Enquirer: 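Please take a look at this structure featuring rolipram.
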Amino acid sequence: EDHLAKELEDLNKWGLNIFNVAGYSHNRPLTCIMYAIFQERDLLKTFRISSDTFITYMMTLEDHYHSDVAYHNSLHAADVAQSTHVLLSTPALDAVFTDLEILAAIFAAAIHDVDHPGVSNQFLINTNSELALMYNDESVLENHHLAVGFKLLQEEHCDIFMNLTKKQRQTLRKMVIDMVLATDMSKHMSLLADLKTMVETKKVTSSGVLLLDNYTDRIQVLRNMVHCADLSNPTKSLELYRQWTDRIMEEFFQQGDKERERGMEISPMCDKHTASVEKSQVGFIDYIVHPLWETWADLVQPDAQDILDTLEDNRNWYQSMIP
Ligand SMILES: COc1ccc([C@H]2CNC(=O)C2)cc1OC1CCCC1
Ligand SMILES: [Mg+2]
Ligand SMILES: [Zn+2]
């Protein structure tokens, strides 16, 4: 109550604690943070989005995340949205994005895992699920989250974009699709290689502010930004990181139990009888998270040096828990 307002004082910081905001908002973290973010940035006024309309959409979207899924519930969406809100303010990216691109990136973060069933694209494909038949095995979940999110906008009592122009709605839809499809982990290596080429030919104004000429370059940075926000758990304080680790392992091990029940091969990091939680996090940091943030740090230096220091410290803690 007064605790919620104290926690939200850190709305614009990496140290914000989304678990605390959840506790004080009737477990509506996503509705809560999305509303705090939009007010802070004056987006409701800029795009003449009604408050009732915005709240009804957000509450419906949030009720569409599954509360019995350990990691991919509404708290993860809320976290990715809050993280993207901070990354958009990085000094190196100052005045680089339009208001429509800022709106799109934050909206993408919010809907980006909606209706997640708690199993991976590969699981959905090997069990011949209806979702995989629908999407022909390509970015199964991601196409689905986009579909639900944009579906809910089709209803007057819920169209938060009704006061944008047709032209603006089209551009936003293109940008959002692009950004959510980029959260598909099987696209990670591709995305990182492209981000490394963008750093290679990085250009800044006289005062260290990125120069982004075309739409192409702007959406490439936005794509990568949402993807970093998705893979930001290890760059947060150790206390936060460990609760996120606990949740993803719970979810991955539940998938492993379903794999065993059906006589399918068990995905090794989903096998609770053999997988080391600690080794898996160190591997995840060394091979995926660090390589990504090291590159993001290059693009916006020295803005993300503390984020990298926290990461390297967290990496060493998981390492020390391994005998
Ligand atoms: C907190 O950790 C993790 C946080 C987030 C993810 C995303 C990528 N895959 C997912 O399904 C979501 C994986 C994590 O750890 C997994 C890889 C290493 C062990 C588990
Ligand atoms: Mg996802
Ligand atoms: Zn996600």
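Numbering of residues begins at 1 and proceeds along the displayed sequence. As the structure lists them, so they are numbered: ligands from 1, and atoms in each ligand from 1. As a basis for the values below, the full set of heavy atoms in this structure was taken, side chains included, without hydrogen atoms, waters or symmetry mates.
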Enquirer: Where do all copies of rolipram turn up in this model?
Expert: ligand 1
Enquirer: Name, as UniProt does, the macromolecule that rolipram contacts most in this entry.
Expert: 3',5'-cyclic-AMP phosphodiesterase 4B
Enquirer: Hey, does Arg247 sit under 4.0 Å from rolipram if you only count heavy atoms?
Expert: no
Enquirer: Quick one: which of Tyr287, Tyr241, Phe284 has a heavy atom closest to atom 13 (C) of rolipram?
Expert: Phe284
Enquirer: Using a heavy-atom cut-off of 4.0 Å, name the UniProt 3',5'-cyclic AMP-binding residues of chain A that are that close to rolipram.
Expert: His72, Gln281, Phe284
Enquirer: Provide the nearest UniProt active-site residue in chain A relative to rolipram and the minimal non-hydrogen distance to 1 Å.
Expert: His72, 4 Å
Enquirer: How far is atom 12 (C) of rolipram from its nearest protein heavy atom, and which residue and atom name does that atom have?
Expert: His72 NE2, 3.7 Å
Enquirer: Looking at atom 16 (C) of rolipram, what's its closest protein heavy atom, distance included?
Expert: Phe252 CE2, 3.7 Å
Enquirer: Specify the UniProt domain of chain A contributing the most residues to the contact with rolipram.
Expert: PDEase
Enquirer: What's the shortest distance from atom 8 (C) of rolipram to any protein heavy atom, and which residue and atom give it?
Expert: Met185 CG, 4.1 Å
Enquirer: Tell me the protein heavy atom at minimum distance from atom 2 (O) of rolipram, and give that distance in Å.
Expert: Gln281 NE2, 3.2 Å
Enquirer: Okay, covalent or not for rolipram? And if covalent, which residue and atom?
Expert: none
Enquirer: Below a 4.0 angstrom heavy-atom separation, can you tell me which part of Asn233, side chain or backbone, both or neither, approaches rolipram?
Expert: side chain
Enquirer: Strictly under 4.0 Å, does any heavy atom of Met249 approach an atom of rolipram?
Expert: yes
Enquirer: Considering only non-hydrogen protein atoms, determine which one is nearest to atom 5 (C) of rolipram and report residue, atom name and distance to 0.1 Å.
Expert: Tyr71 OH, 3.5 Å
Enquirer: Give, by chain and number, every residue with a heavy atom within 4.0 Å of rolipram.
Expert: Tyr71, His72, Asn233, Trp244, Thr245, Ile248, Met249, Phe252, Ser280, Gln281, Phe284
